Amino acid sequence: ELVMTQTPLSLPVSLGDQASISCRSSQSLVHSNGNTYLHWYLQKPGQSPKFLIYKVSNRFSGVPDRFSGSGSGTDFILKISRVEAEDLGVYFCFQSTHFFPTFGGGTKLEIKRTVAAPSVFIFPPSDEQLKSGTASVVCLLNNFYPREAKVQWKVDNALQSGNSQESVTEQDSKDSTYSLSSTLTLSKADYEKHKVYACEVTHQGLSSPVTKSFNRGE
Amino acid sequence: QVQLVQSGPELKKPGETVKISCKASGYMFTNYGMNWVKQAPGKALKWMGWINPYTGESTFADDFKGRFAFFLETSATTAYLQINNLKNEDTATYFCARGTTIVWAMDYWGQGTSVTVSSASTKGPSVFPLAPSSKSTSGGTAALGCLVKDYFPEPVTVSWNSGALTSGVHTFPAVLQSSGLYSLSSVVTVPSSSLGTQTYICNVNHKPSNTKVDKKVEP
Ligand SMILES: CC(=O)[C@H]1CC[C@H]2[C@@H]3CCC4=CC(=O)CC[C@]4(C)[C@H]3CC[C@]12C
């Protein structure tokens, strides 16, 4: 039973630079009939895989020219030269020489770009939500890079703990930024005990922390 | 062109059977292999096996020897996967993919069917406007959205203005809270000038619970 190894697991590259994902294999992928049945797929965030390369070194139709594959026997490279924003995704090698066909573990290609500062927003809970008996406050950080961002909640100028949640998007396919949401969740009663709600964002792009807030019942 | 369109999300108790389908079009169905690939959350793809629709015959990879079957309906060009006596290990996304036999590789893939195995009962979301704060009077870009709250299982599907507003939209990964349930937000950015022009509806479908909801997001 063959093993199909990919390196790295995670490959940061900047735009225009070249990228090498490699894929080793426990045993030769040459069929006794003469061919090598090594292929590559790209799986973009959320989507189903895309056919890239077949039989080691062939671009599938529609696949741009800056993707190329090579190698022989046990060692294969996929090279994306002049990398672009939409090359973002997970690359898998697939062998079907020996039964049974197998996938590498995938390499996550990450785009490196210049720092970009977040646009910060805040949304009070909706009337509708209150009616049902809870308050959720949402703080949006839009279009930033790098991923790292410290989001803090001040409720009436007191810091909060373990009562909010963060979610981050995958890297953007055109500009390679991230977006994030922090959600403070209080009970309707708790929410009404206070008046000022604020998320303060700290981030590499900001020369000093930006605070967004509101007073209740606006 | 070649299209493989698979059936919706499924929620099944452990021990039950599931049957997922995959309808093919835009080519001679019987002439190409049909492969099935498993994808557990954040994990790599796994090749389960294929059915040869010209002989009706199935091959499975070692792990999927056992509780797994492939079926065909050539007349209707559909292929099926059936898993039975379901376990939590089966919670995953399942892909059918056309097997282009001339080079021994899958070329066209279905969009993926997501199956949750859980002892727990479907719970449908509540949807709340995340209402924009920028007065239409002033400049810049304003932000707005929907809080899709307290549902199980994954996934829910958010679109805006019936999928005719896609630019500037961010639908966040679902996240868990101590309740055992999921929540997310879909936000969009728009010129503040247009908030007093035209309307913004977010359209949330959650199929395991049969909730389709539209929410008018406004000041
Ligand atoms: C090894 C062998 O005899 C060959 C004959 C036909 C080949 C199969 C043809 C269909 C096919 C399509 C795929 O996408 C995976 C590889 C497979 C599953 C092939 C694997 C190797 C097979 C099974």
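Chain A is the first sequence line, chain B the second, and so forth, proteins listed ahead of strands; every chain is numbered from 1. Keep in mind that the numbers below use all heavy atoms, side chains included, and drop hydrogens, waters and symmetry copies. Whatever order the structure lists them in is the order used to number ligands and atoms, beginning at 1. Header entry for method reads X-ray crystallography, 2.8 Å.
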_Can you tell me what they call the drug at ligand 1?_
progesterone
*Which chain accounts for the largest share of heavy-atom contacts with progesterone, under its name in the PDB entry?*
chimeric antibody Fab 1E9-DB3
*Counting only non-hydrogen atoms strictly under 4.0 Å, which other chains reach progesterone?*
A, B
*Which chain positions lie within 4.0 Å of progesterone by heavy-atom distance?*
A:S96, B:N35, B:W50, B:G99, B:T101, B:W104, B:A105, B:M106
*What name appears for chain A in the PDB entry?*
chimeric antibody Fab 1E9-DB3
